[PDB]
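The following structure: zoledronic acid with Isoprenyl diphosphate synthase.
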There are 2 protein chains.
Amino acid sequence: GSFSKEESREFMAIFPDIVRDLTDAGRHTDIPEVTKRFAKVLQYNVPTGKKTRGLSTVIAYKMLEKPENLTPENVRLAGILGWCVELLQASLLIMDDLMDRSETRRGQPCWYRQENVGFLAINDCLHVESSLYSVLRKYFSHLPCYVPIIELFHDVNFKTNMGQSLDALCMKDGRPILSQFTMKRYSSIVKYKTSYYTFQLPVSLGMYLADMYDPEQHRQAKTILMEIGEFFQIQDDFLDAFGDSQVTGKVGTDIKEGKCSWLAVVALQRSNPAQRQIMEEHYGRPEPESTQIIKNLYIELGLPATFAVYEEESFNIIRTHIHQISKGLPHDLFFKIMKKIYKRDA
Amino acid sequence: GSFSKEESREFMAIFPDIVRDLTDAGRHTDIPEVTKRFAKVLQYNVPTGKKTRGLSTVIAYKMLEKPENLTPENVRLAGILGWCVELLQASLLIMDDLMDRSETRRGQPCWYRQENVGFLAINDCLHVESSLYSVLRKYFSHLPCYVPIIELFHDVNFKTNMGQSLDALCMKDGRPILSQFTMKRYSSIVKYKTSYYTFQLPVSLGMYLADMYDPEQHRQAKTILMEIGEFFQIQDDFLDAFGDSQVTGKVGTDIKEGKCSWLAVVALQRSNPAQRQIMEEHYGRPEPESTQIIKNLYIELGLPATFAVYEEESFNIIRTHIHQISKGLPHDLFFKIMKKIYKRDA
Ligand SMILES: CC(C)=CCC/C(C)=C/COP(=O)(O)OP(=O)(O)O
Ligand SMILES: CC(C)=CCC/C(C)=C/COP(=O)(O)OP(=O)(O)O
Ligand SMILES: O=P(O)(O)C(O)(Cn1ccnc1)P(=O)(O)O
Ligand SMILES: O=P(O)(O)C(O)(Cn1ccnc1)P(=O)(O)O
Ligand SMILES: [Mg+2]
Ligand SMILES: [Mg+2]
Ligand SMILES: [Mg+2]
Ligand SMILES: [Mg+2]
Ligand SMILES: [Mg+2]
Ligand SMILES: [Mg+2]
C-alpha cells in the first residue's frame, strides 16, 4: 500500500509485456506497419501519467485478498488488471484532448497534435480502449471473476461516455448556458465523467479479483468512492485555472471552452451583479484577454482560498464517512486513496 | 432467408426497443438531458442503412438452428444480436466520416457536420459502440453463448481498428505512397477494416446463438466470408468513384484523401508511364479539378468494364468455393449473402 516507489517500479515493469501482448511482439503478423505503429501509440499515450488508478487496483487487491493468496503470480494479475484501467484512462484522454482542443498532456503535445495523427487519434482512442478486453481474455478468462470484470468495464465505459456528453453540453450557439451552471448539474457531470472510472472501477476490480461479490460490500465501497470522485474532479478544475503547467503537464482550457467547472459554479454563487455581467460577457470566449479577465475575477472572489478551505472540510467529511464503513472492508484502503490525492498540485 | 420485405419489417420492429433499453425510457435517470440526446444519436446514426449485417445475423441463425427451436422469442434474440452488429456499424461510420472528411451518409449530413456535434461525434462514436455490450448483458447473460459472443465483438472491434489504421497510412507529407499501393496491401486493409465485422461477425454470431462451437465449422465459414468481404469492399471502392450519390446516399472522397482503393491499385497496374505521371501529380489532392482528372483517367483505362468483369469472375469463383464447404454448414446461407450484394449500386 501507500503508493511507494517500490509499488510504482513493480507496476511499471509489467507495461512492456502489455505492449508486447497488443502488438504481437515475437509473433508473425500480416500487418506489421500497424502493430509497429500501435506500439508507439501505447508508448506515447498510456504509461507517463501518475498511474493512480492502476496502482489503486493493485493496492485494493493487496488489502482485500487473504495474505496467503498474495503470490507473485496473483500480484502480477492485479497489476495487469491495473494496466487495463490505465488503457481506459489513455483512451479517454486522447478523445478528451480532441474535444477540449487541448495543447499539452503529461508534458508533451496532445496525441492529435502530433505529425500524421490528427483525426486518426479518434481510431487510436477506439483501438486503445478495445485492447484492454484482449488483455482481460489472455490472463483472466479461466477465473470466476472474468464476466463480472468484463461487465464492470462495459458499464463504466458507457457511464463515462454519458458524463463526457453532459460535460460537452455546457455551450450552445457559442455561448455558455450560465443559468444551468448549478452544483446539481456539476455533481451529475463529475459522477459520470470521472467518479465511476477513477475510483469505483479500481476498487471493484480489486474486490472481484479477491472473489468478493457481496452486493452490500460493493454498495458501501461505491458510496465512499463516488464522494472521493467528486472531490478529485473539483481538484482537477482548480488545477485547470491555477495549476503550474510544468507540474500538472497540461495547459487549462475550461474558461475558453465555457465548461461547467467547480470554479465557474462557485464564481456564479459568490458574484455580485457586476461580477455576473463579467462572466456573461467573457466566459467561454476564444480571446486570451477574455480568459485573463475571468482568472482576475476568480482571484478577486478568493476562489483559491475558497477551494483550499473546501478541500480541507471535504477531506474531514469523507474521513467521517469512511469511519462508518462496516463489513470486512478495510478503512485503510479508502484512507490511503484520500491521502494520495489530498492537496495534490498535479 | 432471402432478405425479404417481411424479414426487414420484423427486424425494424425491434429497433425502438433497442433505443428504449439504451436511453432508460420509462425509468428514472438523474441525467435526462444525455439520455434524451442519446435517443437522437441512435435514431440518426443506427437504423437508416441497408441493415445487411443485422439481417445476415438473423438469416444465419434461422438457417443454422434446428427448426423446432425457431420460436418467436429465439428469432427476436437473433434480431437483437443483429442490432448489436448495426450498433458497431453505426459507431464505425460516425468515426470513419470524421477521418475521411465526408459530406453525406445515408442521404443526410455526416453526424459530425450537424449543429453542436463536431468533435462530440468522437464521444458519440465511443458511446454507440459501448452500448451494444449493455444489450448483450440484458438478453444473453444467462446463455452458454454469452462469453463467446462478447469475446467475438471485442476481437472484431480490435481487428477493425487495425484495418482503419492501415487504411489511414495511405498518405505521409500530404502525398499518397503510390509505390506501396499493391494488391497485397489492398487485401490486408480490407481483411481488417471490412471483412471481419461485415461477414465473419454476423455468421459466427448466428452459429453461437445456435450453440455451434465446432472450430472446423467456424474456420470453413471464415474462409468463405473473408473472400466475400474483399469482394464487398471492392464494390464499395467502385461506388466511391462511379456511384450515384442519390442511390448510395454518400459522396465519394477516396481520390481526394489519396486512399489505397481497388481503383487506385488497378489504375497503377494498367497505367502507361504518362498515366502513372497523372496519378503521381493529381491523386490525393484537395482541388476538384485534380479529382476530375483522376476520374477521367479511370474512364480512359476502362475501370468500369474491368470492375464489371472482375465482379462476375469473383462471383463465379466464390460460388465454386461455397460448393466445397462441408460439415452441416448450409451452402444456401453463403449463396443468399452473395446474391444480396452481387451487382449492387448501393
Ligand atoms: C512531465 C509532466 C509534468 C507530467 C505530468 C504527469 C501527471 C501529473 C499526470 C497526471 O496523471 P494522468 O495523466 O493519468 O491524469 P489524472 O490527473 O486524470 O489522473
Ligand atoms: C436515402 C439514401 C440514398 C440512403 C442510402 C442507404 C444505404 C444504401 C446505405 C448502405 O448501408 P450502410 O450505411 O450500412 O453501409 P454499408 O454499405 O457499409 O453496408
Ligand atoms: O477536465 P476534464 O474532464 O476534461 C479532464 O479531467 C479529463 N477527464 C475527462 C473525463 N474525466 C476527466 P482533464 O483536465 O485531464 O482534461
Ligand atoms: O471506404 P471506407 O472504408 O471509408 C467505407 O466503406 C466505410 N468503412 C470503414 C471501414 N470499413 C468500411 P465508406 O465508403 O462507407 O465510407
Ligand atoms: Mg480535458
Ligand atoms: Mg474534458
Ligand atoms: Mg480538467
Ligand atoms: Mg469512408
Ligand atoms: Mg474510411
Ligand atoms: Mg468507401
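A note on names: the letters A, B, ... follow the listed sequences, proteins ahead of strands, and every chain is numbered from 1. Note: hydrogens, waters and symmetry copies are ignored here, and every other heavy atom, side chains too, is used. One-based numbering, in listed order, for ligands and for the atoms of each.
- All instances of zoledronic acid together account for ligands 3 and 4.
- For zoledronic acid (ligand 4), the other chains with a heavy atom below 4.0 Å are labelled B.
- Checking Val190(B), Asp236(B), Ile189(B) against atom 5 (C) of zoledronic acid (ligand 4), the nearest heavy atom belongs to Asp236(B).
- Some N or O of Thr194(B) is nearer than 3.5 Å to an N or O of zoledronic acid (ligand 4), by distance alone.
- Closer than 4.0 Å to zoledronic acid (ligand 4), one finds the following other ligands or ions: ligand 8 (magnesium ion), ligand 9 (magnesium ion), ligand 10 (magnesium ion).
- Between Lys193(B) and zoledronic acid (ligand 4), an N or O atom pair is found at a separation short of 3.5 Å.
- Between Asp254(B) and zoledronic acid (ligand 4), no N or O atom pair is found at a separation short of 3.5 Å.
- The deposited structure shows no covalent link between zoledronic acid (ligand 4) and a chain.
- The PDB entry lists the organism for chain B as Phaedon cochleariae.
- At least one N or O atom of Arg105(B) sits closer than 3.5 Å to an N or O atom of zoledronic acid (ligand 4).
- In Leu239(B), neither the side chain nor the backbone holds a heavy atom less than 4.0 Å from any atom of zoledronic acid (ligand 4).
- Residue-to-ligand polar distances place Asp96(B) within reach of zoledronic acid (ligand 4): an N/O pair is separated by less than 3.5 Å.
- At 4.0 Å, heavy atom to atom, the residues around zoledronic acid (ligand 4) are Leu92(B), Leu93(B), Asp96(B), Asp100(B), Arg105(B), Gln164(B), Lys193(B), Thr194(B), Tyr197(B), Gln233(B), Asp236(B), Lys250(B).
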Check zoledronic acid (ligand 4) for close polar pairs with the protein: N or O on both sides, less than 3.5 Å.
from	atom 1	to	atom 2	distance (Å)
zoledronic acid (ligand 4)	1 (O)	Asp236(B)	OD2	3.2
zoledronic acid (ligand 4)	3 (O)	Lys193(B)	NZ	2.8
zoledronic acid (ligand 4)	4 (O)	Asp96(B)	OD1	3.0
zoledronic acid (ligand 4)	4 (O)	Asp96(B)	OD2	3.0
zoledronic acid (ligand 4)	4 (O)	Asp100(B)	OD2	2.8
zoledronic acid (ligand 4)	6 (O)	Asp236(B)	OD2	2.8
zoledronic acid (ligand 4)	11 (N)	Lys193(B)	O	2.9
zoledronic acid (ligand 4)	11 (N)	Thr194(B)	OG1	2.9
zoledronic acid (ligand 4)	14 (O)	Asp236(B)	OD1	3.4
zoledronic acid (ligand 4)	14 (O)	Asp236(B)	OD2	3.0
zoledronic acid (ligand 4)	14 (O)	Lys250(B)	NZ	3.0
zoledronic acid (ligand 4)	15 (O)	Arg105(B)	NH1	2.8
zoledronic acid (ligand 4)	15 (O)	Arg105(B)	NH2	3.4
zoledronic acid (ligand 4)	15 (O)	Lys250(B)	NZ	3.0
zoledronic acid (ligand 4)	16 (O)	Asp96(B)	OD2	3.0
zoledronic acid (ligand 4)	16 (O)	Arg105(B)	NH2	3.0

